[PDB]
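A structure with rofecoxib.
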2 protein chains.
Amino acid sequence: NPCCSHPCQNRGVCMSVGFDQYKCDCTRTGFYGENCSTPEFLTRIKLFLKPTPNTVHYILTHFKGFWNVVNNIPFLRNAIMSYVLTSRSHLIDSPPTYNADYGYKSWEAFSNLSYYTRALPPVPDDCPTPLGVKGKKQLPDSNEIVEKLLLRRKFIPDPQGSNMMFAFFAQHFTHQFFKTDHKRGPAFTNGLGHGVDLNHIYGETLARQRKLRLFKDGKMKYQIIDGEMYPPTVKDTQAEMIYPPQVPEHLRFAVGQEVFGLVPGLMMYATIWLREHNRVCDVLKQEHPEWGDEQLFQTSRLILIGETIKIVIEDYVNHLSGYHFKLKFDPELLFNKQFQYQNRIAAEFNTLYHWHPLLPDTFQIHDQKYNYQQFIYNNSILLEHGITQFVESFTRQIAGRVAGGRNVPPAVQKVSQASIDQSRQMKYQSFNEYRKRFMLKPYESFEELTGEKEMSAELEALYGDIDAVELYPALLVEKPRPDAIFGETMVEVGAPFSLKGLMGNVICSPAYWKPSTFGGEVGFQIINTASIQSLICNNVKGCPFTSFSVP
Amino acid sequence: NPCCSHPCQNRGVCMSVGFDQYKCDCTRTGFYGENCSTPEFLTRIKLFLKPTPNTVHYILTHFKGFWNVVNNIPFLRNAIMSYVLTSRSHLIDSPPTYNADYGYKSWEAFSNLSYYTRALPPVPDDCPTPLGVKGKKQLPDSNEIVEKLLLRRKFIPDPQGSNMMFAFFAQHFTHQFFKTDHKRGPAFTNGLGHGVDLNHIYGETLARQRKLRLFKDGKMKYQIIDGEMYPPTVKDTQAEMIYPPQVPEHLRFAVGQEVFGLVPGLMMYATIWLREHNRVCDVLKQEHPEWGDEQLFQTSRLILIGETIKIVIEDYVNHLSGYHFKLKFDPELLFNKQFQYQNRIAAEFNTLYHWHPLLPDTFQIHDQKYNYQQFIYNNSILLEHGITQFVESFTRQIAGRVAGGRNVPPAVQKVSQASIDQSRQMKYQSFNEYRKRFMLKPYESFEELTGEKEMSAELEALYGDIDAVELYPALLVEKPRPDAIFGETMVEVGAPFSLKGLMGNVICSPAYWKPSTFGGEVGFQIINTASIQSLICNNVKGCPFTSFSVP
Ligand code: COH
Ligand code: COH
Ligand SMILES: *[C@@H]1O[C@H](CO)[C@@H](O[C@@H]2O[C@H](CO)[C@@H](O[C@H]3O[C@H](CO)[C@@H](O)[C@H](O)[C@@H]3O)[C@H](O)[C@H]2NC(C)=O)[C@H](O)[C@H]1NC(C)=O
Ligand SMILES: *[C@@H]1O[C@H](CO)[C@@H](O[C@@H]2O[C@H](CO)[C@@H](O[C@H]3O[C@H](CO)[C@@H](O)[C@H](O)[C@@H]3O)[C@H](O)[C@H]2NC(C)=O)[C@H](O)[C@H]1NC(C)=O
Ligand SMILES: CS(=O)(=O)c1ccc(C2=C(c3ccccc3)C(=O)OC2)cc1
Ligand SMILES: CS(=O)(=O)c1ccc(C2=C(c3ccccc3)C(=O)OC2)cc1
Ligand SMILES: *[C@@H]1O[C@H](CO)[C@@H](O)[C@H](O)[C@H]1NC(C)=O
Ligand SMILES: *[C@@H]1O[C@H](CO)[C@@H](O)[C@H](O)[C@H]1NC(C)=O
Ligand SMILES: [N+]
Ligand SMILES: [N+]
């Protein structure tokens, strides 16, 4: 298969012609030639005028006094934010194309919603090396890579100050569209909404939704424990959950996502978001005393979806970015632009989002340290301390640095190995190939990748060629941007996936984005003034301070 | 419910505020005021410069010599065709909004692909009259409407000269996205692909597809009978079909759509499209002797999807329009525009497509006549005359006129009645309510609606108020345009659905629409040269002349 060497550059589509020849389709790539590497004239100019992503990142993270002005000049802030959205989202094909089973466009790959889609097609099955033509005939031992490049010896804190409120928000949030179906394999998902539908609160299916609902006032079922509201149980709802056998029945809280019984941190946000839904229900009932349970529930869900995107853009990502420019959630920025209001979750999006280095060695709640064995599946901890205590504690506890390597906790070691194994199982192309896919210069050496000599020597001993290095391992050991949590590649591959998935939501389309969709101005206002702090303020006893960084 | 009166105009969203108050959301309607009825300044200009549709239709169906010049100026033909697509598609909300159970925006309505969507929301439940406020407490008798207004008394031929080739094409073509799930109700569909995915050839599910495929050279199973290719049997494939018990085993042909055994006219196109598929497999095997079965199959399917859309626009719809202007299938026309590559079939789209007056009183094949008694479920006729004779006979047989009322054959009388009942059951708004939804002046008198005296008289007896007339009845009794097949409403409501459905397909998106997607330039050329004539010519013995109009 001549396409094994990935001959086609700049998004050129490779296709075999006979047994010994290929043909690059350069249509609308900006280039021409056998391999789509000769630039057209406007491409030459653009490339010449295009500053490096790291130059852009410098400018965005410096000159604070300059961005102060920009931030308070609506026309400017809007124009910039609008550009940020369109430029980044352009790197994601929409509607989607390839998946794990198709390196060529096909109706099965487009239409079958059970697959994660793919940004780059899989490596053909009959290739000399598992990645194409580079590297040894066999790939390095996954456990070896994990042990020599990923495993944590000494905890490395996030220089950006990310706390456990951020870490668990990331886990909780992404697991509504990262829902791998291992019954079928790593290439499949149970998140058929492929985005922010809040199925992790309300359930994936109507059947599960109906189990969780109270069908009174539009609300969700709940328990009252020590004066405060918590989710209902498996027993009361009949909504199944993943709990080991030791968990007593009355401690098996039922929420949208089956897996959120895993850690108390997830069950916290489950509790907080459950509280938020029922709160919005009270609000809406006042606005619409003539409304029944159904419209109250449905409108509340739409409001909470908006809240989610609002918070994720203006608190979650703003924190990650480290920008002085204030990011903005505003569907109006795109109403004059070409933009697809749909999304399909990429398998690589899932892979790069395995930020398990965030995890600490122990969890500190109030005056007590819990190890992993103590902390996993322990809902008594949640009741023992209550949500307020949790917020206050997690806000103070630092999270780990993702990029830079050697910062994955031993407890979640095998998970990190699984992340590698499943990449290979789904035939991922190389790190350098994904770099090129998102308009990044490929790394020419290991030393250039890590910015150091120790891990780069291990990499060289493992892989041989820099073009054989795999996506997930490279992402975690990539040289961090100055005092950053991520390296360049995590950002330039991540931001497009994130922003597309957020703005490519139905509620952001002009037909939906108007006050009547959310039951008037009052409801519409809940979205547009939402924040991580006010979410905690309105739903956590005492209204404690919180943010995604430690004070 | 105060919104029963449908107070909000010009796409304004009506919303209850309290028990006896309402509020219109005039967001981006171009209007303001309590009822969104006062035009904004730019709207004033647009409103006064827009020519009536009948003016536009006159201009498009006259000045023949001028259009033949326009047609041969790529710059002009493109510009025109582009505006046609964008303008007509701006009338369809995308992503979709309402369905039969939700007259307000909700996540259940958007996300649930089992519903038909709705261009207008369902009339609320507790309203004064079924339509809202207008009309009597009870709608007139269904059968009585059918008999006094819709039932044929003497066959009325289509002025534009449409034939059975056209009639069965419409039935065959539209039955891939009109698959009402009557096991659940008229509001639900089985075509979850919601558009032109050719499931009526390949089967809706992978399970069914696998039964129909040969898994050799990407081809579909088939028989050779009398030296010609026919679809395989239920026996040979295990693919269930709707056949009555009388039908012998060997005449139980199995194709994608379970119901196409219903008439020989449908099985005709099934056979032709089946031959086209395996023909393209042959063409692609010569271009790619290295390709395997799976890719040969998938790529052929993508090609046939291209062929269908090509023919529907440039042959099928071009015929229907009677436009001197030569419509063009060219996805590149929209790469500059705001356009959403996605679709959701509207129940109203389904309703208005019940062109059952197209049907003759008898079916003439060669030198024989068959009535509905002996024509239905009789594939023996198909094998008796062969496909070639079928095309020769259908090409020459005139179809009935759809507008003007009183042209439904007694055989499908019940069906016509089923249309009205299922409409009421789904809480459709009035005919005049839909005219306003598609920017038409509502008819003020029954006479203006029918342009005659006897039927309008009959209508005023049944309904009383012109605002009480239902969608389906009016569409078929409406005054046709000059020597036209339809009235203006059918067109100005039909076209937006048609074009959105066609151009919203994935393959029209810029990532798919390139030669590599279709196997190269040869494969790509098959799409861009397709016509109803060449489909017949390539897959039917003797290459008989054919067309959607009688000689
Ligand atoms: C982004 C934040 C984030 C955090 C904070 C987080 C924190 C935690 C944590 C303790 C707090 C524990 C015990 C786990 C344990 C796991 N993680 Co996460 N993980 C997170 C993102 C991921 C993602 C992404 C996946 C892939 C999920 C999937 O469905 O494939 C993952 C998968 C898992 C799996 C499934 C293993 C597999 O083979 O797929 C386990 C077990 N987990 N993780
Ligand atoms: C546009 C062309 C067209 C033609 C030529 C056509 C010609 C014929 C014909 C003889 C030639 C017969 C016996 C039928 C008989 C039927 N038609 Co059509 N119909 C057509 C468009 C429709 C559409 C559209 C529907 C709605 C189908 C759905 O799935 O909801 C329809 C539904 C039906 C149903 C559904 C049954 C029910 O809802 O109770 C029957 C029976 N049929 N029709
Ligand atoms: C999306 O693609 C999925 C994977 O290709 C597909 O799942 C596959 O479905 C087939 C047929 O339904 C299964 O085949 C099995 O089915 C019966 C079981 O009784 C047997 O007769 C077969 O021989 C075979 O055992 C596959 O097992 C299944 N594969 C996986 C990984 O789940 C989905 O159906 C596709 N989605 C849609 C909507 O079509
Ligand atoms: C899309 O909307 C459909 C209409 O609401 C919905 O179909 C409905 O699905 C539920 C299952 O959640 C069915 O429930 C029936 O069966 C259970 C079995 O225990 C009973 O408890 C229920 O009382 C009820 O009898 C509904 O009957 C069914 N309705 C129809 C008209 O088919 C789909 O499930 C929705 N799709 C998705 C993906 O959620
Ligand atoms: C580590 S950094 O260089 O400070 C940095 C961090 C985040 C971003 C940004 C992301 C992003 C979000 C999720 C994953 C990856 C990136 C985004 O959508 O906008 C900016 C940009 C830069
Ligand atoms: C009856 S007529 O006035 O000659 C006429 C016929 C067809 C059209 C046209 C339709 C159409 C197709 C199916 C249903 C309804 C409209 C279209 O998509 O473009 C033109 C426009 C006008
Ligand atoms: C769960 O937490 C409680 C404290 O609230 C503790 O007593 C118990 O030991 C924990 N469970 C395990 C298995 O350590
Ligand atoms: C079916 O057609 C054949 C001729 O092709 C005819 O002899 C037969 O009677 C028809 N069936 C019915 C039920 O009329
Ligand atoms: N650093
Ligand atoms: N006429």
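Each chain gets a letter, A, B and so on, in the order its sequence line appears, and its residues count up from 1. Whatever order the structure lists them in is the order used to number ligands and atoms, beginning at 1. All heavy atoms count here, side chains included; hydrogens, waters and symmetry mates do not.
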Q: Locate rofecoxib in the structure and include all copies.
A: ligands 5 and 6
(Q) So, counting contacts under 4.5 Å, which chain has the most with rofecoxib (ligand 6)? Name it the way UniProt does. (A) Prostaglandin G/H synthase 2
(Q) Help me out: which other chains have heavy atoms closer than 4.0 Å to rofecoxib (ligand 6)? (A) B
Q. Considering only heavy atoms, which residues of chain B annotated by UniProt as substrate-binding lie under 4.0 Å from rofecoxib (ligand 6)?
A. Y323(B)
Q) Closest UniProt active-site residue of chain B with respect to rofecoxib (ligand 6): which is it, and what is the heavy-atom distance to 1 Å? A) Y353(B), 4 Å
Q. Which other-chain residues or nucleotides lie under 4.0 Å from rofecoxib (ligand 6), by heavy-atom distance only?
A. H57(B), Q160(B), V317(B), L320(B), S321(B), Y323(B), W355(B), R481(B), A484(B), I485(B), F486(B), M490(B), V491(B), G494(B), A495(B), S498(B), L499(B)
